[PDB]
Visitor: 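Before we start, here is the structure in question, set down as structure tokens.
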Number of protein chains: 2
Amino acid sequence: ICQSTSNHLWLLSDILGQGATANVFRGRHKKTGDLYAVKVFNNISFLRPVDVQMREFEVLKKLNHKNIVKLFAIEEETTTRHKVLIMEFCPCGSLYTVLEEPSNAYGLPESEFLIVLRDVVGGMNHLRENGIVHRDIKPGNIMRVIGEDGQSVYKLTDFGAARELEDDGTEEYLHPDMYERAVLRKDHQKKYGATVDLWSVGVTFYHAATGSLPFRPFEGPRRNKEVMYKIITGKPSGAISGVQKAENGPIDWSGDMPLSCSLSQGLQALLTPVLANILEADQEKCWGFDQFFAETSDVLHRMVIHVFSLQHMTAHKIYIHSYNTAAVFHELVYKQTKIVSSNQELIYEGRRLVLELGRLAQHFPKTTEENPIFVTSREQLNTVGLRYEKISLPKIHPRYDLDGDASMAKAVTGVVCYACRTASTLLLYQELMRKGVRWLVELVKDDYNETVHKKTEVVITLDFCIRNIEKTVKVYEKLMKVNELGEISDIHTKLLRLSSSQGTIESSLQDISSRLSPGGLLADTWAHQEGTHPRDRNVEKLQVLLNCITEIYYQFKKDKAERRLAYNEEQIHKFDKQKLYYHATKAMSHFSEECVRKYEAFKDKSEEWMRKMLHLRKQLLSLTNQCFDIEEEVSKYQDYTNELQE
Amino acid sequence: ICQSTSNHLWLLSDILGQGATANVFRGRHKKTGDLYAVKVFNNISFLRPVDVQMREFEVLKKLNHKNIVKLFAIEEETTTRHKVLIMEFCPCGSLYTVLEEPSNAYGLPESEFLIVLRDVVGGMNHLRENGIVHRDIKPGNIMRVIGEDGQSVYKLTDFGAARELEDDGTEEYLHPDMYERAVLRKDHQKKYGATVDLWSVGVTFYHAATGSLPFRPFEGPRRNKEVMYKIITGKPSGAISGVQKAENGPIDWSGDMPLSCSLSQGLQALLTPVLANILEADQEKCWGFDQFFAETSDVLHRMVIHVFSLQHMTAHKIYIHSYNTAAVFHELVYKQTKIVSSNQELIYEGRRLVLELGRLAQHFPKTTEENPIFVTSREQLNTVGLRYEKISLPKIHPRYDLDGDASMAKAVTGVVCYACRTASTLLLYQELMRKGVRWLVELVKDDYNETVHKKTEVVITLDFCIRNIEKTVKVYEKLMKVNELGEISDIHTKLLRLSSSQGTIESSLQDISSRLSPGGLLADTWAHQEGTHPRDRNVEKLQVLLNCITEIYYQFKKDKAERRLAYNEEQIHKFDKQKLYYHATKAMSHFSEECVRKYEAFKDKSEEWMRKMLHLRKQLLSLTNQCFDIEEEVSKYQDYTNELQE
Ligand SMILES: Cc1[nH]c(/C=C2\C(=O)Nc3ccccc32)c(C)c1CCC(=O)O
Ligand SMILES: Cc1[nH]c(/C=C2\C(=O)Nc3ccccc32)c(C)c1CCC(=O)O
């Protein structure tokens, strides 16, 4: 059973989005066999002239952009003659489809979010610079296509259909006050349309970023409209999220992102301000478009430099503007890591990194987040570590309920997913920690060697001075046997008094070097005994359990779509439910008792090694400065004056 | 290609009303084969629990009333599982269907309108006394069924479906002000729902009564919403119709029904007040339901007495309350015919009608409008005649345009229909006029005969008096020869002086009677020479032409539905268009030059005969009173006193 046009055809089973004013199906071009999404305008629609439809056709074909779904044709159903719209097929689904994956239960991965921002604001810009302003933007009408390079492109749809077939042909029978309601409607195109879309856009961004809606009552926005209405309008500026955690409880207020959100500290820091005034409901403090575009463009144009604080044990994504200096870079690294520019010490691929007041970020060392710029202070601060939300498994209702079971499975799958992500990140922190530590000890060894070079360099100077004064005193006490032994003995005594200090440093250094040998004291062997390793394969164990859980979830989903099951099918469903319980509980017990525990042991040791290393560094600097002091003090003895002769 | 349930089945071609939120089809019960209207809830709908649907099922089955469409079942589509509603099939269509007939182009026939009132207010009452208030009532959702007795029953539908699937799942992405629009929506159930329906109801009543909407801009309510909105709210109280006849012209204002409306003067007089305050947009001067129900019930309970004014040549439907007196009846006949109670003279089936201060309307002579109560004054007033609108044929666009041709054909058919109605009514006025005239002359003859009976009755008295006094005077002038001749001669002379007057009346009467003979002067032969007759068959000639025109109209309608024609088909269409022109023009030329002309000749003669008859009546009354005078004057001579003797 299929519908058709001149050049297209589609099965009724091949339905897609399914709207009210129309429907969208997966169809094919009958000549090529290519795939297109067709939009049949249900069973009302057409009584409108061909002129308007062709001018709208024409104005809609000018829409040739990356972030807008292409409109290939306007056509007519064969045996029904009600309009169909030939548009681009997007096999991946929409942003809503992406968000419904339990892997994105707590927000999209950062790169994907950046892509979403870029795309949505792009389609918005291209839409506004031409005709039509997109009234409402949601995940539902933001389609996803996979580009030729593998990474997604998001496209705006549903904007031309601004048809007003609602009201309540009851037009010519209405009481004047329904017309006054229509007055209350038409006051929106004034300005509440060039700033009213931005609300939906902001809510969308928050949804994709956190994996949750910004404003949610006790058990759902729609499932309770009153307190929803009461929390939406009653919200003050700066606040980006209001949550009613309790039944008839109040509201939790936050101008920051949820702890569950794993978006980088920098991106988040650049994102919360835009969400603040895009979520306002009064006047010019709601920015308006142009400033929102300028700002979002500013954010999206930036390049990221990955830096890792070995002191706080924290990873960092620095959002620098590529064309801006290294000064503002140090000020950013400061802004996140609370260590001021002068204190900052950089490491890259086993060696120091040194840059100046105005080295632009373009020529900066290319950083991934497995090989970033390590950064350390000199000012003894505590470790901080990963900041994640501690999400526990929801209770698995001892029951039978295909819908409730599907939802529960979704929840559990999402939680276990967050667990895997967290474990992976923790392993990464431990790895970057180990490598960074090894580089740091190697580097301290470098500084040591340089110091020794200096010390010996001044020791040969002291030596030549002393044995030269002895040479002269000897070849004079024998030649002109006569005596001023006072002066030469004084300065000789001075040189010896320096030699003593030299000996002191020469032993103290062998001490400092002894505690950089394998032996112990400051060996990095703790990093080999503490924490978790890739060889432990905990991430992939968690991943196996997650795969089982996900299997059971998809099965429960199809069971839900089955409405009700057969006998054996039902029993299998229950068996699988308890199996899901065991998988989940096992996974989380492994996360806690194996990942977090050993991780925190590692972190603690890392603190109780960072203190040691910083101490030794202070010492080494101290006696290096000692060596310089000695050098310049000995430099005063190379051309000492002599008595005037006859 | 068909859809199905457990007990029902329907073709997709058997579609009916076709809505947006759903669709209605003509289907059958698979076991019985009976016809039912099924309502498939399109392709969204169901995500709502069975509990609510069963409580609504239950509360909707309590709706067992004459003016509400029965709901037989709630069921489920077989291979699609989206809800279907099993309801009563109404083969005749809706009130909209009835109104789209050109015979009702200028308003429904009166009995049908009364039926519509009764029905709509009945369904409204039964709806309000239970759950649900009908938000919007239009011809579109007022179905028509033909009862067992042939006369229609109208039923309200579309009231349970108060589903709110509009707004613009964009609920949880909306700006606070759309929610404030929702606030502006929910303020309607307050009271603007128990008085907001009455507007649509009133507009409906006006639509069915006049054949046109109450408030129409230059070329359509919908085709121009601005000035529509401006005329709806800007309307003052008492005004029931505002019409923008010109393009950008102002408005014509009327608190009365259009001249085209053929509803009786009495019904109209009872209808315009209800339409006035049901079409208000502020406070308690908008009546409210209970008073509207009480009033409409008052109107609908009344019985009609048909009366015909032979003086103004006008028909009248008197809406009396059956239980009320003949006094208020005379006051009604007064209110329409401007002749006061005492003046009114009634005739029924060839004879006088006489009734008293309190003869209730139940036992009144049963009146149709072909045999009514004729009524006449005694106070010489002009004829008025039929009051109809003078509607001319629209121009038949020398062109080719299937839609425009269909519309034009509809217009022409309606106009010619109004012409036939008007001609028929005119023939009726002439017939009632003739019959009434014949009865009136026969009745005047009655009065004459009675008068003559009286006059002779007193003549034998005068005679016996005179010849008795002569007898006595003679038998005394011979017996006691002696003389008082003065007295007897005086009274004898008096009796003779009376006899003279008697002679005068006796001749004047023969004159008055001579002009009631066939001969002439006041013969009713003008009614046989002037005007139009049933034997002329003008109504059925107009009817033949109307049938041709209607044939062409239906053909043009199907041509319009064909979108475009074949070659020969097109040529035939044009030929038929010009044929339609000739039919219409011929019909109207016959109406003017044959119906109205002779009618008005008749009417004029009727005036110039009414004056004569009233004059003769005044005379006859005068000399009847003369006869009474003479009688009582002669009664003073039967026992005259005599002289006292010894
Ligand atoms: C794969 C796909 N396409 C669509 C719809 C469209 C599509 O492809 N082009 C479009 C262009 C305009 C509007 C809708 C579409 C849907 C709803 C889905 C399924 C989504 C899902 O399974 O969650
Ligand atoms: C004959 C008929 N029934 C209907 C619809 C209904 C019907 O029968 N019961 C109903 C009960 C509830 C709602 C609609 C209907 C329509 C639109 C028409 C056609 C009207 C027309 O041709 O103008």
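Every chain is numbered from 1, with letters handed out A, B, ... down the list of sequences. What you see below is based on every heavy atom in this structure, not just the backbone, and it leaves out hydrogens, waters and symmetry mates. Both counts, for ligands and for their atoms, begin at 1 and track the order of listing. Quick check of the header: X-ray crystallography, 3.0 Å.
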Visitor: Which macromolecule does ligand 1 make the most contacts with, named the way UniProt names it?
Guide: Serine/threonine-protein kinase TBK1
Visitor: Write down the drug found at ligand 1.
Guide: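 It's recorded as SU6668.
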Visitor: Any idea which other chains have a non-hydrogen atom closer than 4.0 Å to SU6668 (ligand 1)?
Guide: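 Other chains under 4.0 Å (heavy atoms): A.
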Visitor: For SU6668 (ligand 1), which UniProt domain of chain A supplies most of the contacting residues?
Guide: Protein kinase
Visitor: Quick sanity check - which UniProt ATP-binding residues of chain A lie within 4.0 Å of SU6668 (ligand 1) on heavy atoms?
Guide: A:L16, A:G17
Visitor: Find other ligands or ions closer than 4.0 Å to SU6668 (ligand 1).
Guide: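 Looking at distances below 4.0 Å, I see none.
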Visitor: What are the identity and heavy-atom distance (to 1 Å) of the UniProt active-site residue in chain A nearest to SU6668 (ligand 1)?
Guide: A:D136, 12 Å
Visitor: Which residues would you count as binding SU6668 (ligand 1), with heavy atoms within 4.0 Å?
Guide: A:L16, A:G17, A:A37, A:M87, A:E88, A:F89, A:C90, A:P91, A:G93, A:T97, A:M143, A:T157
